[PDB]
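Chain letters run alphabetically, one per sequence line, in listed order. Chain A residue numbers are taken from the PDB entry; in order, the displayed residues are 1-133, 138-220. To match the PDB entry, the residue numbers of chain B are left as they are there, and the shown ones run 1-12. Numbers in chain C come straight from the PDB entry, and the residues shown are 1-213, in order. Excluded from the calculations below are hydrogen atoms, water molecules and symmetry mates; all remaining heavy atoms, backbone and side chain alike, are included.
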Amino acid sequence: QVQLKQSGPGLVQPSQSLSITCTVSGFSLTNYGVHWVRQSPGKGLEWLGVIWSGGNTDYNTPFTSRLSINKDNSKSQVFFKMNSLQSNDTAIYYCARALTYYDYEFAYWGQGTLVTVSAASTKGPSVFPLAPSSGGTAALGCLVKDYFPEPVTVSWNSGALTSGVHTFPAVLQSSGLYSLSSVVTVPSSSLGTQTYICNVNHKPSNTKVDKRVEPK
Amino acid sequence: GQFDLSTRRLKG
Amino acid sequence: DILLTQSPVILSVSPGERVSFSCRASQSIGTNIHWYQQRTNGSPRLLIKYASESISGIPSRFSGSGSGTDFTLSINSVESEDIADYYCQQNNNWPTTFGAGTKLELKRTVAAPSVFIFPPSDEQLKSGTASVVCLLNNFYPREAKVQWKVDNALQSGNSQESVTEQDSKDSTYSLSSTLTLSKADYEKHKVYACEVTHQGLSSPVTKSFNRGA
């Protein structure tokens, strides 16, 4: 069907430029316009601009100077580029398509790209087990500690395990590095029969870790 | 009232 | 630019009840308004187009009405899966603008948390830091107290809490309190306990371990 997939999340140094690629499928870029929207803590949902079927571009007023949108119809790719980023440009960026070729009712969205504007350095996380040791139900999880920037993705058993999974929001430590736990409750009788692995992925540092969690 | 990047939800 | 004002900031209802979301415009925009849903860690989902028109795949319990400056999104019977934020968008006037959004919370019966405590792993101790974790699982309402004690010494300032958004199935919350100590400090003590206080508990619940069993 109709899909929009964006490039991975990333760190951007202050005053530097942001670059996101939207790869679409289920339709041709020559038939539909592609819009760009961001979502920030300070401004909320904000329409940035659009590239139309014929290649024309419109940019929202406060972005006309630092925004630039190009595309490759053959490769089905839209290229987003914004210059001289500051702290308040930290947001989640989306590419989106409307219901019809000329409109603005955004029926299809990309998964979003979390952009962090910071001078700090990218750092992969360390993953430690939360080993189980009430009433036939045991709890276990993974501690994902000391990474930057957000986000990190955690799944269980390659996606096969979802029931009872809680992945907590990341919290900022005094070191300026993030940390989170991801838990899951399982039958205790399965602890000897089943294997439980948290699949941790930190795209910005290309850190990819599978952590096996066993009772101590 | 503000958008939280960590959860993509409104918080305060 | 058209200013879109959504009210209230937060809406709290029970399942089965009705709910209206208000979106007011700084000037007339006819019926050029669209509505969106945003679930936890998700992208916006188009609910209604042009004030009242239906969208493919959206449950019939969603509907919209209004024209001019006053618009309303409605859910005739809320389900737990409706837990999300809701935004409005105008496109009568360039550039298109969005409202600040309304949060939808669900009420439910009181549910006491299940508490679990996790000692630091031997793998972590090699780095010179100890993270003790306390898990409060599937509870309601959101308010909870976690009190850390190390050899009856009250811990303060050295813990952090994180709370999930409401679950889409049982409408509950889960909490994690993480106590962070140096390896030296952790090895210098024995009894580690977290005491949990919640409305669903008639008494504070304590989960403890002794270092190295």
What drug do PDB records list at chains A and C? cetuximab
What name does the PDB entry give to the macromolecule most in contact with cetuximab? Meditope
Chain of cetuximab with most heavy-atom pairs under 4.5 Å to chain B: chain C
Given heavy-atom pairs under 4.5 angstrom as the criterion, report whether the side chain, backbone, both or neither of C:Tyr87 touches chain B. side chain
Taking side chain as everything from C-beta outward and backbone as N, CA, C, O, which of these in C:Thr102 sits under 4.5 Å from a heavy atom of chain B? Side chain, backbone, both or neither. backbone
Measuring heavy-atom distances to chain B, does C:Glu165 have an atom under 4.5 Å in its side chain, in its backbone, in both, or in neither? side chain
What residues contact cetuximab if the heavy-atom distance limit is 4.5 Å? B:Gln2, B:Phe3, B:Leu5, B:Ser6, B:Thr7, B:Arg8, B:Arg9, B:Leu10
Just wondering, what label does the entry put on chain A? Cetuximab Fab heavy chain
